[PDB]
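In this PDB entry you will find rilpivirine.
Proteins get letters first, then strands, A, B, ... in listed order; numbering begins at 1 in each. Ligands are counted one by one from 1 in listed order, and the atoms in each one are counted from 1 as well. The header says X-ray crystallography, 1.8 Å.
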Amino acid sequence: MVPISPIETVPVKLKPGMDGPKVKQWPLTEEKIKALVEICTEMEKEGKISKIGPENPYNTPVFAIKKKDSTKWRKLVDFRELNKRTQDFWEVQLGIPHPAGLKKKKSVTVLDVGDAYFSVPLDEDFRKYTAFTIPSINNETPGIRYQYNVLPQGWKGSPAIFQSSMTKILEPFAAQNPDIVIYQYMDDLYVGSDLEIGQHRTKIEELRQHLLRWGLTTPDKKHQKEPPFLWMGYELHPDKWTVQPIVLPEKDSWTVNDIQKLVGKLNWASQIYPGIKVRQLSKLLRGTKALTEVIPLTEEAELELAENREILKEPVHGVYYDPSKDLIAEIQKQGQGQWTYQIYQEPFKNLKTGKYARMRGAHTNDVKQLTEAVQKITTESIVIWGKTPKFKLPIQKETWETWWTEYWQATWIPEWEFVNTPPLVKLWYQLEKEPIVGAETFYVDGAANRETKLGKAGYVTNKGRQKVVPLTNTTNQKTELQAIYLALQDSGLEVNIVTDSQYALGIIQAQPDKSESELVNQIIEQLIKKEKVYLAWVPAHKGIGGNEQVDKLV
Amino acid sequence: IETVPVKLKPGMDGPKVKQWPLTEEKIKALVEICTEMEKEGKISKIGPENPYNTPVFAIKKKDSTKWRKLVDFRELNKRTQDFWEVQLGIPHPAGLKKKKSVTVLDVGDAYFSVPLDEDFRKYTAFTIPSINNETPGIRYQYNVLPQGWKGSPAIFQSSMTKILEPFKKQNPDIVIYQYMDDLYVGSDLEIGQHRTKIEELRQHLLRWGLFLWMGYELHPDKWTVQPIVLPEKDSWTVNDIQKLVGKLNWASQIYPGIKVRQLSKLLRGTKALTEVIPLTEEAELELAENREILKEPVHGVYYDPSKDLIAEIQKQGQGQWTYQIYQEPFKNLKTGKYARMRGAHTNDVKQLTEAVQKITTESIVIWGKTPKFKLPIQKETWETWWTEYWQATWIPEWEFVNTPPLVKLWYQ
Ligand SMILES: Cc1cc(/C=C/C#N)cc(C)c1Nc1ccnc(Nc2ccc(C#N)cc2)n1
């Protein structure tokens with residue numbers, strides 16, 4: 001007997017205020033019982049479970065399911081109730097590594113460690129809560145009672161406890177062997193290195209020797225798994241990665257579900273296939289919520305899909321990360337609030353790609369969208385590579401400077417450079433900071449009756465020019481905007497406009513270049529055509545002449 | 001050698017706050033720091049049976065090349081039972097804001113000498129993440145009072161109280177105030193001796209049992225405050241008068257006696273904006289009366305210790321920023337203006353981050369607590385970058401303003 005180090009148990013507790021499960025065992029057929037008795041007999045002989053006295057008051061239902069119509073049976077202990085009462089654990093699985101962040105490896109060996117799983121003892125004081133009962137033949141004797149000694153499959157804490165136990169064992173090996181990487185997924189350990197293969201195989205034997213100190217043995221065979229690997233929807237190869245085959249189905253008619261499925265595939269594909277578009281297809285799902293409801297494909301969407309099938313025509317792979325080189329992120333504007341990007345280190349060899357869609361909102365502008373895309377890429381990059389990439393953006397350095405020095409909010413974009421690839425992001429208009437000498441002054445105003453919804457919009461100018469237009473189905477806010485629009489329409493290339501609308505100023509000072517309001521869009525089109533515009537604000541109902549509210553008070 | 005028991009507020013469980021993305025440089029710094037803290041018994045590795053978490057990151061104090069671990073205990077602090085100390089509540093020192101000089105000292109290290117109640121340790125869990133989540137995050141929990149936690153100064157108070165008795169009895173005029181990991185020491189002394197007392201103080205602390213070498217000098221006596229001012233001109237255009245009436249209309253919400261009727265009269269008619277308008281005597285007198293009203297303090301302004309302090313900031317351009325601190329709208333308790341060049345000639349966001357720390361510091365000195373900020377920036381931009389420029393050991397709360405306030409210019 002060679003002494004082995006025991007595996008420390010994790011102390012587990014039920015949620016505060018809760019007791020163990022007391023669920024009634026289900027009636028089973030004579031056939032299933034003999035099967036369960038046989039099954040439990042060896043488990044017991046194997047140390048996994050132990051017979052318990054009548055004292056224990058807890059219970060969990062055990063079942064028997066035939067195996068794909070085999071000669072064998074399998075036991076299923078349903079821990080759903082115990083799981084609802086078991087404490088929460090730290091789940092280290094959240095946020096999986098992204099392939100573009102991985103490093104290329106010459107070799108990646110796989111080791112089966114499913115057996116090690118049963119060397120992990122379950123906290124002695126929690127064992128009682130795992131009690132179960134194999135009914136007796138004909139219910140004429142007491143059912144056989146057992147409780148677990150090891151992590152039960154299906155129990156809430158098994159995955160976290162198994163992983164943390166294996167990690168603690170592996171820790172010193174990883175630390176003292178910096179030339180290898182170890183990753184656990186399910187019942188396997190994946191060990192990779194760039195070592196001359198002889199030395200790599202030696203490292204594997206050392207790992208098996210290390211694990212034996214806890215009496216954990218490994219198959220001593222050549223695991224079936226070898227590069228490439230199918231993992232979390234990706235294909236990992238020694239020096240490249242890609243997403244698993246994306247197949248867009250041919251269809252004569254699509255339903256809400258089919259489209260949600262399609263968009264899911266396109267989104268997954270967009271991380272390496274450049275240009276993928278999903279706006280025209282996504283908007284079709286605007287409040288449908290009926291999986292079966294067949295929706296007709298707009299010609300706009302039929303076009304987007306055809307463009308995507310083209311992009312998905314042939315396989316595309318991304319390369320792995322080389323810590324010794326800079327990271328570059330290039331962005332392009334696609335239109336309709338869509339943006340696309342590529343992250344690479346060497347020209348034409350993307351590590352990954354991606355897209356960004358503008359946020360929901362009444363008014364927006366291209367510079368703000370570009371900024372949001374930059375922030376999103378920056379954060380993703382910190383997660384995957386731990387650093388910010390250098391950016392290549394379709395906006396002139398001069399345009400950016402004019403924008404941020406004049407914008408009312410603080411804003412920032414990290415180290416970047418202009419890349420001249422249309423369409424370029426630009427500022428479409430810029431209001432004056434001071435009144436224009438020589439330019440006609442338009443005093444505008446609008447008002448609407450809250451009940452009748454009737455209103456008026458208009459202006460009076462220093463040259464005696466005047467206009468008042470009657471409006472229906474309107475509000476104070478819309479008449480205020482209409483008044484400004486009339487002034488822009490009827491003035492020359494330079495104009496001074498005086499308004500008392502805090503609402504209209506709130507919008508224009510936000511500098512939108514596009515809006516969900518056709519009225520605001522018409523105003524933007526006029527601002528773009530003018531040479532100079534000064535917009536002045538004054539308090540309403542304060543006896544400021546030109547403030548011709550009277551014309552619109554009827 | 002013994003620990004004072006601690007518990008969470010009734011009906012509240014420990015924090016479970018996600019760890020945000022960390023740069024490679026900050027991860028390496030934290031791995032090195034925690035490895036030494038673990039060896040010294042300050043923290044211990046934890047198992048999967050601890051599901052709690054508080055974010056951690058790293059910073060560099062004002063001009064220091066050495067990384068400092070900083071745990072964001074904002075959540076734990078609002079969930080940790082109010083630790084009213086034996087002090088019955090040390091009345092905030094009103095004299096601190098009046099001192100000629102105030103140095104800020106980082107005494108957070110002292111905390112690590114006092115053990116933390118074993119049953120509360122689980123709630124201080126934190127994670128050092130790995131780049132691309134390639135390896136399991138390193139999990140730890142504190143065994144001693146942690147820096148940044150609300151209950152640390154509270155529990156260490158009694159120890160600090162007697163640690164300073166000597167220095168305090170021999171210097172009964174010096175004001176010493178403690179907020180979280182910082183010690184504020186103020187005295188009217190000539191900056192040269194003021195410093196002697198300070199360095200003496202830390203040598204008096206280092207000897208007493210405990211990077212305390214750093215110092216941060218503030219001058220409350222030379223602090224920023226702002227009255228409302230109107231333009232003085234020889235020729236007023238229609239536009240100048242429109243801007244004045246607008247500003248006066250805004251001010252009338254703060255000062256009840258403000259009038260614009262006589263000035264508004266000048267604006268009757270549809271005149272060219274650049275046309276010069278001569279002021280009548282009635283309008284001139286009205287402007288004069290308003291100027292006088294604006295030289296008097298605001299009526300009914302008082303601080304209430306049970307109410308939150310609110311701080312608003314406006315970007316004025318060219319590196320200038322204005323701000324106001326109040327509890328009730330239009331009842332400003334403090335207003336100010338900054339224009340600073342520590343490193344952000346061309347970085348809006350660094351400037352705002354520095355303005356936020358300066359305002360918080362002023363707030364701690366004056367009222368002994370931090371304000372809630374209304375920041376003129378998009379949430380995404382702020383959250384992506386503020387930690388890159390942070391240099392304080394505390395962290396205030398903040399919210400975002402997405403609509404341009406019309407009152408921007410009136411404050412500059
Ligand atoms: C996340 C991960 C998943 C698997 C695999 C899980 C599965 N199935 C295998 C390993 C070894 C790792 N860990 C790391 C860590 C750093 N670089 C890499 N690079 C890397 C990994 C696999 C291949 C290949 N072929 C090439 C390079 N892998």
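- Short version: main partner of rilpivirine, named per the PDB entry, is Reverse transcriptase/ribonuclease H.
- The other chains with any non-hydrogen atom less than 4.0 Å from rilpivirine are A, B.
- With non-hydrogen distances under 4.0 Å, the site around rilpivirine consists of A:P97, A:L102, A:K103, A:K105, A:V108, A:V181, A:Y183, A:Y190, A:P227, A:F229, A:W231, A:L236, A:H237, A:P238, A:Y320, B:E134.
- Counting atoms of rilpivirine from 1 in the listed order, those under 4.0 Å from a heavy atom of A:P227 are 25 (N).
- Residue contact check: A:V181 has heavy atoms under 4.0 Å from atoms 11 (C) of rilpivirine.
- The nearest protein atom to atom 14 (C) of rilpivirine, hydrogens excluded, is given as A:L102 CD2, 3.9 Å; this is a heavy-atom distance.
- The entry describes chain B with the name p51 RT.
- An N or O contact shorter than 3.5 Å links A:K103 to rilpivirine by distance.
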